[PDB]
K.L.:
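Below is the structure I would like to discuss, written out as structure tokens.
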Amino acid sequence: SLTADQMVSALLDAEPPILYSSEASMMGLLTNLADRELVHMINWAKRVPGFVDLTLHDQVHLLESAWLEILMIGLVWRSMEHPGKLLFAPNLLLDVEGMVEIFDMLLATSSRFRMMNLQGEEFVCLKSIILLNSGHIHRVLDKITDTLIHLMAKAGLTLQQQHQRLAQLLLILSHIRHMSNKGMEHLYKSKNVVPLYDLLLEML
Amino acid sequence: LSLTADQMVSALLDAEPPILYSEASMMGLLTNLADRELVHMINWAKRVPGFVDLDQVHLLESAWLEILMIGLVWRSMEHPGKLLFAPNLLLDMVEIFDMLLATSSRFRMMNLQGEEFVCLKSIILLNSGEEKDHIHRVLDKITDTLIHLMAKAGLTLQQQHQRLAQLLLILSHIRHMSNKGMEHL
Ligand SMILES: CC(F)(F)c1cc(F)ccc1-c1sc2cc(O)ccc2c1Oc1ccc(/C=C/C(=O)O)cc1
Ligand SMILES: CC(F)(F)c1cc(F)ccc1-c1sc2cc(O)ccc2c1Oc1ccc(/C=C/C(=O)O)cc1
């Protein structure tokens, strides 16, 4: 029911904080950083319009299917004004076997956003898209498109420039889904970061 | 890049490969089918306005299973519960099979037109990966094509953007389907 300006302001208020923090040392840091970031992500997801109307079962499913893409799109957004480096935290700016191909993708994605001049208002829309897309849900997904296109028209882009930019923005998401799949394959061995159902249920 | 929307949709519709035919028996039949489908794909790709002007090898290395999946998902559309691999090969790993039925159900639920299906395939192929901007400008042209095809259909500007968004968010699903399809292979 929210207006496109009311929506973008709710997403901007929903925004999580920026957190702080050898192969095993670096991994112990990344594992711990994401763990604490997961708790702030569950609070954020409930601040996203429409997600809290959903049954706990649906909320779980979406988060389990999107917790790494959400972490990565947040990462790629922070790291953006730091070319050649990945700002996992303000005290954790980096540049481990197998992890090299994934790091290089996350660098390329960050480099794409910057060249494309990604804005914070479009970013909060995209991260909200990923949460709701991972799995009424299509009614909300339509509302975030209307918000993105409203922000493109408010910025002065022509109707052509609007649908062209929307598409480029929605295709970089195929890459984020890919970066997530390869990451899930790499990390898993066992899991040290608490399954999100235990967390979501623990928080209510 | 000089090409119009109707010139782009018809150029791709012309490039459309033919429909082909057919446990160890099922996988062997599928390996053989796919192996014959890659030769038609490799040739279709050369007919994608922009693609032959390249790097082409890696784009088919990334999109070969996404293209095989979108094709399968497009064929099997009026066959709910079953997957139409070939007219003589209709089957009804289970995870990948279910993920493929859901996509086809979404394709049915959206009334996805063939003219829009060719555009998705060409976007899949190009977005799978001065020479780098060539891919960008072509994708921005397939998007004008998709929006024009919608304009013709009678949809409003708001009903156009939503539908563009709807179809594009399905490519994240087919990227995911391919990735988990690769692990299984
Ligand atoms: C290259 C790389 F580091 F980005 C990268 C490469 C991969 F293969 C996979 C993930 C990544 C990322 S993106 C990211 C964003 C952030 O805000 C914070 C942490 C991380 C993180 O690292 C992680 C993420 C999760 C875990 C969990 C382990 C467990 O359950 O035991 C460990 C390390
Ligand atoms: C369930 C399933 F069959 F869909 C499926 C599950 C997966 F995990 C991965 C892919 C699939 C698909 S999608 C498809 C579409 C088509 O038009 C035709 C064949 C196939 C095919 O099967 C394949 C694809 C490639 C190979 C290669 C083997 C080799 O190099 O030895 C074997 C079987």
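The sequence lines are taken in order and lettered A, B, and onward as chains. Chain A uses the PDB entry numbers throughout; the residues present, in order, are 309-329, 338-411, 418-457, 474-526, 529-544. Residues 308-329, 339-370, 374-411, 421-457, 470-525, in that order, are what chain B shows, numbered as in the PDB entry. Order of listing sets the numbers, starting from 1, for every ligand and every atom in it. Computed over heavy atoms, backbone and side chain alike; hydrogens, waters and symmetry mates excluded.
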K.L.:
Write down the drug at ligand 2.
P.N.:
LSZ102
K.L.:
List the macromolecule sharing the largest contact count with LSZ102 (ligand 2), named according to the PDB entry.
P.N.:
Estrogen receptor
K.L.:
Enumerate the other chains with heavy atoms less than 4.0 Å from LSZ102 (ligand 2).
P.N.:
B
K.L.:
Which organism, per the PDB entry, is the source of chain B?
P.N.:
Homo sapiens
K.L.:
What residue and atom sit at the other end of any covalent bond from LSZ102 (ligand 2)?
P.N.:
none
K.L.:
So, for LSZ102 (ligand 2), where in chain B are most contacts, UniProt-domain-wise?
P.N.:
NR LBD
K.L.:
Specify which UniProt 17beta-estradiol-site residues in chain B come within 4.0 Å of LSZ102 (ligand 2), measured from their heavy atoms.
P.N.:
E353(B), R394(B), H524(B)
K.L.:
Extract the binding site of LSZ102 (ligand 2): heavy atoms, cut-off 4.0 Å.
P.N.:
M343(B), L346(B), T347(B), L349(B), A350(B), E353(B), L384(B), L387(B), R394(B), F404(B), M421(B), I424(B), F425(B), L428(B), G521(B), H524(B), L525(B)
